[PDB]
**Q** 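Handing you this structure, nothing more for now.
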Amino acid sequence: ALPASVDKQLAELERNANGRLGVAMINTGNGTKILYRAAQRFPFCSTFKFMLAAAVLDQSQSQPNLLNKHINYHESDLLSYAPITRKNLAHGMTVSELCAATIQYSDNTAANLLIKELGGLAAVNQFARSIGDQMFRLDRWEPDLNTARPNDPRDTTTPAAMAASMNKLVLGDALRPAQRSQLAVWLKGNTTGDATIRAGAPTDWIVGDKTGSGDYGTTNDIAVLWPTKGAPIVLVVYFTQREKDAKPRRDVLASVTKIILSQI
Ligand SMILES: *C(=O)[C@@H]([C@@H]1N=C(C(=O)O)[C@H](SC2CN(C3=NCCS3)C2)[C@@H]1C)[C@@H](C)O
């Protein structure tokens, strides 16, 4: 749904910031949703890492050993944005520790290592289809999926699909309990999210999120919010802008969050 008061606010925000905004909020206490351009495709940038970590957790359900599998990667695997895999190069990392790094620091090497571990880009896509997500499409490895080009469907999803996937995985029954638990623990320990949905939410709430950004000033954040009263809320905000070199607008995401949460 889309209340008139939210519609006007978001449209003004979107226009003023010369961008296109995609929003999907699911309030799991009452089942109410707020949707704005929610069925349109947006470049997901690093937010895909949530779906990747979930796919690894799903794989772990039939391989109870997998999270503790030690990966001794090498310098050739290291990318420009890889702070945690860089830190642990000498000793390697477990798959669990790779999932934590790719969620909580957006480590690009950790992502590509986990894609390889799952069996390739199409394995992530098949995982998404297995939970009913028909829109998620991962087409490139890191760091090349950040091009975020106009009307390019590679490396995109819709806000509605991502929000429904986050709901099923974190708050519903798409994963077994230990796994779903683990996915939330990773999200709540995110270190990249202070300026985005967290900045728009009450200080007393707990936010677990995954950020992403890329060219075209693309600024994204997907979160589960734990309020002081009531059930958890899913919020996905995607935003992209006119020119390739536009600067990201993390404040826009914080403002979207203020607008949406005001309605709750
Ligand atoms: C993911 O979007 C991107 C990864 N993940 C990132 C993220 O932290 O969510 C960074 S993007 C980097 C953070 N940036 C800025 N923050 C301060 C002002 S500019 C740009 C990292 C590169 C993938 C697509 O590579």
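To match the PDB entry, the residue numbers of chain A are left as they are there, and the shown ones run 30-293. Remember, it's 1-based here, ligands and their atoms both numbered in the order they're listed. Because only heavy atoms are used, hydrogens play no part in the values below, and waters and symmetry mates are left out as well, while side chains stay in. The deposited model was determined using X-ray crystallography, 1.5 Å.
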**Q** Which pharmaceutical agent is found at ligand 1, per the PDB annotation?
**A**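 Found there: tebipenem (bound form).
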**Q** Report, using the naming of UniProt, the chain with the greatest number of heavy-atom pairs under 4.5 Å to tebipenem (bound form).
**A**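 The chain with the most contacts is Beta-lactamase.
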**Q** Going by the atom numbers of tebipenem (bound form), which of them fall below 4.0 Å from some non-hydrogen atom of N175?
**A**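 So the atoms of tebipenem (bound form) that pass are 24 (C).
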**Q** Considering only non-hydrogen protein atoms, determine which one is nearest to atom 9 (O) of tebipenem (bound form) and report residue, atom name and distance to 0.1 Å.
**A**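 Of every protein heavy atom, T240 OG1, 2.7 Å lies nearest to atom 9 (O) of tebipenem (bound form).
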**Q** Starting from atom 25 (O) of tebipenem (bound form), locate the nearest protein heavy atom and write down its residue, its atom name and how far away it is, to 0.1 Å.
**A**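 Nearest neighbour among protein heavy atoms for atom 25 (O) of tebipenem (bound form), to 0.1 Å: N137 ND2, 2.9 Å.
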**Q** Quick one: does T76 get an N or O within less than 3.5 Å of an N or O on tebipenem (bound form)?
**A**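 Min N/O separation from tebipenem (bound form) is not below 3.5 Å for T76.
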**Q** Which active-site residue (per UniProt) in chain A approaches tebipenem (bound form) most closely, and what is the shortest heavy-atom distance, rounded to 1 Å?
**A**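 The UniProt active-site residue closest by heavy-atom distance comes out as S75, 1 Å.
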**Q** Any nitrogen or oxygen of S75, side chain or backbone, less than 3.5 Å from one on tebipenem (bound form)?
**A**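 Min N/O separation from tebipenem (bound form) is below 3.5 Å for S75.
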**Q** By number and element, which atoms of tebipenem (bound form) are closer than 4.0 Å to a non-hydrogen atom of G241?
**A**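 Every atom of tebipenem (bound form) under 4.0 Å from some heavy atom of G241: 2 (O), 9 (O).
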**Q** Do me a favour and list the nearest non-hydrogen protein atom to atom 15 (C) of tebipenem (bound form) with residue, atom name and distance?
**A**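 Nearest protein contact, heavy atoms only, for atom 15 (C) of tebipenem (bound form) is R279 NH2, 3.3 Å.
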**Q** Quick check: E171 and tebipenem (bound form), any N/O pair under 3.5 Å apart?
**A**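 There is such a contact, yes.
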**Q** Has tebipenem (bound form) got any nitrogen or oxygen that is less than 3.5 angstrom from a nitrogen or oxygen of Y110?
**A**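 N/O-N/O distance below 3.5 Å does not exist for this pair.
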**Q** For atom 11 (S) of tebipenem (bound form), what is the closest protein heavy atom, and at what distance to 0.1 Å?
**A**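 Minimum-distance protein heavy atom for atom 11 (S) of tebipenem (bound form) reads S242 OG, 3.3 Å.
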**Q** Give me the residue, atom name and distance of the protein heavy atom closest to atom 8 (O) of tebipenem (bound form).
**A**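 Ranked first by proximity to atom 8 (O) of tebipenem (bound form) is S135 CB, 3.6 Å.
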**Q** Which UniProt-listed substrate-binding residues of chain A does tebipenem (bound form) come close to, with any heavy atom under 4.0 Å?
**A**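 In chain A, UniProt ones with a heavy atom near tebipenem (bound form): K239, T240, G241.
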**Q** Under 4.0 Å from any heavy atom of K239, which atoms of tebipenem (bound form) are there?
**A**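 Answer, ordered by atom number: 9 (O).
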**Q** Hey, could you tell me which residue and atom have a covalent bond to tebipenem (bound form)? Or is it none?
**A**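 The model shows a covalent bond at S75 OG.
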**Q** Report the binding site of tebipenem (bound form) using a heavy-atom cut-off of 4.0 Å.
**A**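 Within 4.0 Å on heavy atoms: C74, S75, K78, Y110, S135, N137, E171, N175, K239, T240, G241, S242, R279.
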